[PDB]
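Remarks on the structure that follows.
This chain uses plain numbering: 1 for the first residue, then up along the sequence. Method reported for this entry: X-ray crystallography, 1.8 Å. As the structure lists them, so they are numbered: ligands from 1, and atoms in each ligand from 1.
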Amino acid sequence: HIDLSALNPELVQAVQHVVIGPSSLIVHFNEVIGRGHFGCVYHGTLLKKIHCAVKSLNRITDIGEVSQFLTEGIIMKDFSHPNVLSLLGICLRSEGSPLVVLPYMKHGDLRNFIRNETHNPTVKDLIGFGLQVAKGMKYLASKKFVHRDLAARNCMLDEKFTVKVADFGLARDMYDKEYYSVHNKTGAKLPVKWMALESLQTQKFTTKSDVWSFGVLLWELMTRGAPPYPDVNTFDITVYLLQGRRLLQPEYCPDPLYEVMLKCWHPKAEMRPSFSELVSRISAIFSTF
Ligand SMILES: OCCn1cc(-c2cnc3nnn(Cc4ccc5ncccc5c4)c3n2)cn1
């Protein structure tokens with residue numbers, strides 16, 4: 001049972017902006033639509049019935065950990081952009097950690113979508129998805145928000161095939177454990193094959209390290225969801241990058257788009273493009289299609 005009286009009053013006020021009453025939420029706990037380390041995602045209906053995704057945090061039992069997670073993620077309620085996942089609300093109830101209510105994404109995560117052989121997205125399709133992500137990140141960067149886990153698995157596609165940058169704020173979790181490793185300086189599970197060289201070395205994350213991750217995501221898109229560096233052990237990713245080595249150009253990646261990827265992975269963080277620059281560059285590349 002989570003008591004609001006025990007929680008920081010400032011956090012309580014913030015949360016009370018987006019609270020959903022239990023009687024307004026129906027959750028189908030027999031319908032798992034995603035699985036994270038903090039809890040699963042379930043089909044829900046919000047009430048005018050709205051189809052939604054309900055993210056559990058029930059694996060987080062410590063009040064202090066729940067408090068910290070809410071504190072770090074609540075700013076999500078302040079964001080509004082077509083390429084950024086929105087928050088529908090938070091359901092506080094009698095027993096269990098708060099439920100995070102999110103818009104339902106009919107087409108799931110971007111990586112699974114492009115790996116699906118029946119979909120067979122074209123080069124144009126894939127660059128288009130990449131442009132959408134760049135716009136969402138441009139928005140978050142303008143808000144000084146550092147994502148820290150950008151990757152194709154962490155972007156969702158809605159019913160209109162609009163890409164939402166996701167897995168941040170209250171929606172943050174590890175949804176595919178295979179791509180997080182403890183082989184790094186922090187000893188915690190991190191997406192090391194998406195991380196900028198300086199993040200692996202200094203444990204610090206910035207918008208410019210998000211740009212590095214975006215470069216990897218672009219590579220994911222153009223390979224239709226191939227795993228990066230399949231032949232590089234998690235023990236070796238830092239030295240691999242230190243040696244100046246990088247992901248190779250995908251077969252169906254246009255030369256100018258691979259140039260963009262390489263700029264995203266410049267060893268000097270300040271030498272890498274802003275997301276505003278990336279939107280401009282990728283928009284031009286897309287338009288030639
Ligand atoms: O291999 C991992 C596949 N996978 C990625 C996710 C994922 C990646 N980033 C996310 N950001 N928020 N949410 C929760 C969420 C939000 C909306 C959903 N709509 C339909 C189906 C599942 C949904 C899951 C996210 N889920 C779920 N499964």
Which molecule here shares more close contacts with ligand 1 than any other chain, as the PDB entry names it?
hepatocyte growth factor receptor
In this structure, which of 9-cis-retinoic acid, ZSTK474, AZD4017, PF-04217903 is modelled at ligand 1?
PF-04217903
Note the single closest protein heavy atom to atom 11 (N) of PF-04217903 (ligand 1), along with its residue, its atom name and the distance in Å.
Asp167 N, 2.9 Å
Side chain, backbone, both or neither: the part of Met156 lying under 4.0 Å from PF-04217903 (ligand 1) by heavy atom:
side chain
Which residues, listed by UniProt as ATP-binding in chain A, lie less than 4.0 Å from PF-04217903 (ligand 1) by heavy-atom distance?
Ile33, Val41
Is PF-04217903 (ligand 1) under 4.0 Å from a heavy atom in the side chain of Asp109, in the backbone, in both, or in neither?
side chain
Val41, any N or O under 3.5 Å of PF-04217903 (ligand 1) N or O:
no
Can you figure out which UniProt domain of chain A lines most of the contact region for PF-04217903 (ligand 1)?
Protein kinase
Nitrogen or oxygen atoms of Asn112 and PF-04217903 (ligand 1) under 3.5 Å apart:
no
Distance from atom 22 (C) of PF-04217903 (ligand 1) to nearest protein heavy atom, with residue and atom:
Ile33 O, 3.4 Å
PDB source organism - chain A:
Homo sapiens
Atoms in PF-04217903 (ligand 1) with a heavy atom of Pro103 nearer than 4.0 Å:
17 (C)
Closest UniProt active-site residue of chain A with respect to PF-04217903 (ligand 1): which is it, and what is the heavy-atom distance to 1 Å?
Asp149, 8 Å
Counting heavy atoms only, which of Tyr42, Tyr104, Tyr175 is nearest atom 6 (C) of PF-04217903 (ligand 1)?
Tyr175
Given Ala53, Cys52, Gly108, which has its nearest heavy atom closest to atom 16 (C) of PF-04217903 (ligand 1)?
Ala53
Any idea which protein heavy atom is nearest atom 19 (N) of PF-04217903 (ligand 1), and the distance to it?
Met105 N, 2.9 Å
Examine PF-04217903 (ligand 1) and decide if any of its atoms is less than 4.0 Å from a heavy atom belonging to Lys55.
no
Only heavy atoms of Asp176, strictly under 4.0 Å: list the atoms of PF-04217903 (ligand 1) that pass.
1 (O), 2 (C)
Mind checking whether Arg153 contacts PF-04217903 (ligand 1) via backbone (N, CA, C, O), side chain (CB onward), both or neither, at a 4.0 Å heavy-atom cut-off?
backbone
Extract every residue of other chains having a heavy atom under 4.0 Å from PF-04217903 (ligand 1).
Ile33, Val41, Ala53, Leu85, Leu102, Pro103, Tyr104, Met105, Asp109, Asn112, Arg153, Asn154, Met156, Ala166, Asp167, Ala171, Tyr175, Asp176
